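Consider the following structure, which contains cinacalcet.
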Amino acid sequence: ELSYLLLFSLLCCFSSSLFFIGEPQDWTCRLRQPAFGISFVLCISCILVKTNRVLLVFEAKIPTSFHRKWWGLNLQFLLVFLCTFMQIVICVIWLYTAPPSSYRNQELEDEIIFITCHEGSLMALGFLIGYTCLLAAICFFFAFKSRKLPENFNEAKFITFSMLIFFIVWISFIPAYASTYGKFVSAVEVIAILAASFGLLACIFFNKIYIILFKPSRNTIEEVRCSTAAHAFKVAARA
Amino acid sequence: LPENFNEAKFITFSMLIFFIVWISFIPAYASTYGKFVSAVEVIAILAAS
Amino acid sequence: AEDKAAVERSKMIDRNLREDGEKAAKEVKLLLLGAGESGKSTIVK
Amino acid sequence: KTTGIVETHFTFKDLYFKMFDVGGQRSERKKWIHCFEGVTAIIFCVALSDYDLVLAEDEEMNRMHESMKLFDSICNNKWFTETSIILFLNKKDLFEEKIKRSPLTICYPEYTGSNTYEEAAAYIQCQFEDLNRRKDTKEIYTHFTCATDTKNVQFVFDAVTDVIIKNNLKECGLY
Amino acid sequence: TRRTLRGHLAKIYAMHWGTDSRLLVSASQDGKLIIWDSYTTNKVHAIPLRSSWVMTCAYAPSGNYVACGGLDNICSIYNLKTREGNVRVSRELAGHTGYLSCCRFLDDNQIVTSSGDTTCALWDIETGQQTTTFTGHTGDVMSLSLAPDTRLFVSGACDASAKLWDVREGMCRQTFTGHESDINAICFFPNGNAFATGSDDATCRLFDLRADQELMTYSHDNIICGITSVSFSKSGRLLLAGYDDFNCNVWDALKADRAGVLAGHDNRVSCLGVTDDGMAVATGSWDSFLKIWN
Ligand SMILES: CCCCCCCC/C=C\CCCCCCCC(=O)OC[C@@H](COP(=O)(O)OCC[N+](C)(C)C)OC(=O)CCCCCCC/C=C/CCCCCCCC
Ligand SMILES: CCCCCCCC/C=C\CCCCCCCC(=O)O[C@H](COC(=O)CCCCCCC/C=C/CCCCCCCC)COP(=O)(O)OCC[N+](C)(C)C
Ligand SMILES: C[C@@H](NCCCc1cccc(C(F)(F)F)c1)c1cccc2ccccc12
């Protein structure tokens, strides 16, 4: 279920880059940034909730009193909603007070007219950036804590390498964003968004598709048993 | 091979990091003007090291 | 009066049963089968 | 003083175990076997010394061939679909001593191997572990033991922990 | 349903209505024994048990004693009466070989039990040694009910047969057949001249003592599960049966046609009973709930 939700949010993430191409308008400059912010926070939340469940399942060897309802199937979506609630409310408050707009800039250059979008309030954008970075940083710890889980349940190698690409790509573009202006800042934004989404999709899913469709082995339920048999040490038999 | 605390894996990790950093450096260098060329060229060195 | 006292008695009984069930839920129960005259006594020691 | 269910209690590494020895009931099993629906696992004991030289108060009823029948009946009950079995094969010293004189071919029709202890024990384990047909739901843990072996409690502990872990993955839908 | 009783935590195996048609008694596969109160759902007593393998329970006609039993092969009597304010074991009756599968109070000093040893017995609670032993069954006795005059009783065992004993002479006098599998329940007609059975063949039959014959069979083509409990209502017009498929059925004794159905349990029904005045029906199931229908 969380995989389906993550795939839907990632579909939203690629489609969110199509608002940065074409002539700016009043509503496009209002829908540019919140779309990507929410569509990426959703994926981060899905990853966090999934990892937190397997650990809680695996760290409950003693007969368990209540965590049974703590790892409920329906509460995962509630946790995801609680994680994205901050982004939702910040975007709503930002659009309420000082929404973006369209601007014809005649002061950057004498003989050229530039069409750009205003931001209304930079604080309301810094808050989104900080929240996304904080969740991405928490993903590092949640991947670190999950490194000792058995096979088919451990993904600590792929969570970190998808956040590293995101951080590197979005840090290396700071000088160009600060100094350069024109029609290429939008191209930089599109490239960064597209690269982050591609890295996430690849590093999360391309490893499994290969075992599922090709090398259809490690493919039955009579192997995943032996694989899950390592955390507690006795699964002994001859078969 | 776990010869020395899984040494053959961290080498692969570092090489991938190096390649990613410079591939990402290409477009950022290609779209920067003025005094920030040094800014975009120092960051890649620091990250790789 | 009598209904009230029965209410507190029932509440105390329910509390005791809840605690007993909570304590008993944390034990592993094993059924020891086996063929006749085959062992099942050394395992006990 | 009591007869019928017998109970033993012990602790190991912050766990509590309860063992029921209902083998002294001496009545029809089918009328009370369903009272144990909910046990974590079933511990089964088989003596390797019966492979031959001892039948049971009868003329053509091998003790091992009756233990196999009881294992087949128990492992495939309607009430024991999800409960795993811990199988103990005891008295291996006598088996090793008697292999050199009495081969294994007197018990089962086809091969054993080298008439060597290592090869006969593996074949007996394979034959005894093939009587289950619920392979998609339950699992079997086998551990050769003797009168001197003293590591049985850690085998039981680890098997119980593994059973508990896989049971929870199933509820959550993961496995 | 009119009242629902909660508080158990495991499967429920027995139940017996009180002689005042107000209080109950229930036994679950724990060490617990709760005395209920269907008028206002407040519990009265909760008795822990040494062995958590209870199979039957009974409530004394004097309202002062109860009984238990199970795979421990022992019947125990509890002093529910004034005993300084609590309950403690009065006597443990030993001597049976197999498990104990039914027990009924005759008086405050005599109790009849049936066991899986293919043997019933009549005990003496003051001494603890059985005074009469009823033998003749070749299978495990599963059910037992007493006549209104408490001078005759019947039994059913895992061999298809029913016997009519008398508590004084200690000898069987009549044997009734007709079933083709094990028999699980039995109870007398209110007049004491007939009884009904319930087997694993999904059929219920009626027998009469004077004619020594089988009168009617109550069955259907949509039932394959066996019966676990059988009870007559007052005047004998309505026969109540509890089945494995979560359901309870109401029959017509005279014409053998279904007249109702009871469906409120999510698990197998293991016990049911009707009050002395025929005012209510109680049902127990393999979950931890009880219900009262009216
Ligand atoms: C261009 C500018 C960009 C600036 C960023 C670049 C900075 C330099 C980058 C990196 C230095 C460290 C690289 C970390 C690589 C992770 C290695 C890895 O992948 O190992 C995988 C797993 C464990 O191994 P396993 O699962 O495969 O097998 C285990 C199976 N068993 C247990 C049986 C053996 O390791 C784990 O658990 C993961 C534990 C946590 C990982 C630590 C990551 C720390 C990241 C710091 C960067 C912060 C952003 C920079 C902010 C600056 C703002 C101005
Ligand atoms: C994970 C990473 C995801 C990112 C995707 C990477 C692929 C992107 C492909 C193309 C993006 C180009 C952006 C177009 C913007 C228009 C700018 C333009 O093309 O104009 C032209 C500029 O360009 C160029 O001559 C080329 C720019 C030089 C780049 C270095 C390339 C050689 C690299 C060494 C790095 C290490 C390589 C390692 C090999 C890896 C192989 C495995 C002319 O304009 P100018 O003279 O006024 O510029 C002046 C800019 N100043 C002031 C900085 C000079
Ligand atoms: C679409 C994109 N806005 C990028 C312009 C600000 C910026 C440009 C260049 C570098 C940096 C940063 F690396 F300093 F963050 C920020 C965006 C919208 C909403 C949330 C976001 C969260 C993280 C990253 C991008 C987010």
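Convention: sequence-line order gives letters A, B, ...; per-chain numbering from 1. Only part shown; contacts counted inside that part. Only this structure's heavy atoms are used, side chains among them; waters, hydrogens and symmetry mates stay out. First listed ligand is number 1; within each ligand, the first listed atom is number 1.
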State which chains or ligands correspond to cinacalcet. ligand 3
So, counting contacts under 4.5 Å, which chain has the most with cinacalcet? Name it the way the PDB entry does. Extracellular calcium-sensing receptor
Could you give me the letters of the other chains with a heavy atom under 4.0 Å from cinacalcet? Thanks! A
Around cinacalcet, list the other ligands or ions under 4.0 Å away. none
Just to check: does the deposited model tie cinacalcet to a chain with a covalent bond, and where (residue and atom)? none
Could you help me figure out which residues touch cinacalcet at a heavy-atom cut-off of 4.0 Å? A/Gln33, A/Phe36, A/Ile129, A/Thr132, A/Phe166, A/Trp170, A/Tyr177, A/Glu189, A/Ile193
